[PDB]
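In this PDB entry you will find sertraline.
Along the sequence shown, residues are numbered consecutively beginning with 1. Atoms within a ligand are numbered from 1 in the order they appear, just like the ligands themselves.
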Amino acid sequence: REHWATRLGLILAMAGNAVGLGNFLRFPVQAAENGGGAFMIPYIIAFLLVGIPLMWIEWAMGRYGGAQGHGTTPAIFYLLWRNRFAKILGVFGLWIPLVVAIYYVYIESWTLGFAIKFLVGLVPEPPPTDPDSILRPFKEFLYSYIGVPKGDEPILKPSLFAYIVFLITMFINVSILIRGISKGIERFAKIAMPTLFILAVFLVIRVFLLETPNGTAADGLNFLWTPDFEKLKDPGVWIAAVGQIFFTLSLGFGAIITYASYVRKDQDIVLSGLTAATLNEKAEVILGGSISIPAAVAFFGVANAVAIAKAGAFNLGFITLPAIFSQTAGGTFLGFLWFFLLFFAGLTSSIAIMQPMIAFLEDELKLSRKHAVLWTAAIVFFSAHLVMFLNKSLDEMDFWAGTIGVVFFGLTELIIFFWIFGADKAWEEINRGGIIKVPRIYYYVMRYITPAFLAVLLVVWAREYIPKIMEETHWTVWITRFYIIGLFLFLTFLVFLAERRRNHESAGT
Ligand SMILES: CN[C@H]1CC[C@@H](c2ccc(Cl)c(Cl)c2)c2ccccc21
Ligand SMILES: CC(C)C[C@H](N)C(=O)O
Ligand code: NA
Ligand code: NA
């Protein structure tokens, strides 16, 4: 089996798994939509009660599986629980990251396309005061790039440049993945993560220097870091906070598991898992939190920045921020640095959610790395045409896989590992080879608090929030549902073929 070459390489690869578009795009919107500082209390609590324990659990499951030559959940769930239903539940650890990759790589491709155009100065020119007259050219720039519907039909028409850039983006992901774990993912992480850190710090400093008649960057930080204790009774803020915690730490995606399956049997995962998690949070709350929100608040004020965040998932990062930057000397180049930052952040993450499918094909169907990588990319590339051409297909995939899917799968993986496999066996497995030990209290958090926390969340989620969606959406949602259900059945069939290939080999050997 492939293994991580160095300790630092492992940490940076895992940090690259976690530190992505979620830190710089998702977090600021989620925080601003939910009261800034009011979002942060449930966010911190979710990190301590969910983020941390599940990170350790997933590293542990991965290392355990990898020792026996298995990096993905269909096999790993079965090793922990010898039941046919374990294999089927394990399919979600291939389905979730695959579906997520299908739109995530597309969003990542926009950041590359924007980086190129901003570098070359092929950007909108606003008039040389009126906020609408500045923002509109940038809105139109994004809308023409992805091809937002101009009529009634839910049809997207991406520009030719956007389509070619998606192809280049797929190629770049392949070029890293094809070289493998140590010489591909690990080697790239060692270059990408320092670059990402430096670019982000530079942007934080530049943003901190922003002052207008409407406010300062400090007003943005005060908005994000001032608690509101009245919002603690609102379940929506809690649901948002936990959803971000899962997304940002790559939990419930089978991705941490697969990466950890290349950690050697003896090698620590307690300190390594905690460091990767802590590096992500710093990149999220300190770096991601200090760019978009403070800049928007400085130029528009709090109320207008909140409205901007509520307008959509991509307004703040793809429209508002570059528009703000264009009002400063060298602002176009600053836009480039922002989008290059986003691209490297996305790239280190997208390779992480393509690796589970790669590992499955290698581990279970015995494909070569080359064939496993090329077939995974072919599936992601083909499937992304749905996200590229059908309006709100991205939304539907992100709802089922990237939102509901991960929380369900987090609860599922915990029950299988910490309840069925055995709490004391799981606790032993986590701590084995640890440089530091997991604090004793976390045994009771993992066994009782975390599963109860997630179960209550999922019940309130399903009853008081999601029936409003399943009924009040456009009929075209069924196209995406139909296709991603098909992918699940496709992956179930491959799991079937893998266990039949095992029987043929077990009969021969
Ligand atoms: C629950 N889904 C929401 C919030 C997350 C948000 C989202 C999802 C994935 C990513 Cl990568 C980002 Cl940056 C942001 C989004 C995007 C488009 C449509 C809907 C949504
Ligand atoms: C799907 C995951 C790889 C996402 C990543 N953790 C991010 O924050 O962008
Ligand atoms: Na990343
Ligand atoms: Na993240």
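- Lab note - all copies counted, sertraline located at ligand 1.
- In this PDB structure, the PDB entry names the chief binding partner of sertraline as Transporter.
- Near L25, the atoms of sertraline lying under 4.0 angstrom from a non-hydrogen atom of the residue are 13 (Cl).
- Listed by number with element, the atoms of sertraline under 4.0 Å from a non-hydrogen atom of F247 are 9 (C), 10 (C), 11 (Cl).
- Remark: sertraline atoms within the under-4.0 Å shell around heavy atoms of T403 are 1 (C).
- Organism for chain A, as given in the entry: Aquifex aeolicus.
- Per-residue contacts place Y104 under 4.0 angstrom from the following atoms of sertraline (heavy atoms of the residue considered): 11 (Cl).
- Considering backbone and side-chain atoms alike, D395 places every N or O at 3.5 Å or more from each N or O of sertraline.
- With a non-hydrogen cut-off of 4.0 Å, the residues around sertraline amount to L21, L25, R26, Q30, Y103, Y104, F247, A313, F314, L394, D395, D398, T403.
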Would you tabulate the polar-atom pairs, meaning N/O of sertraline against N/O of the protein, with distances under 3.5 Å, reported to 0.1 Å?
residue, atom, partner, partner atom, Å
sertraline, 2 (N), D398, OD2, 2.7

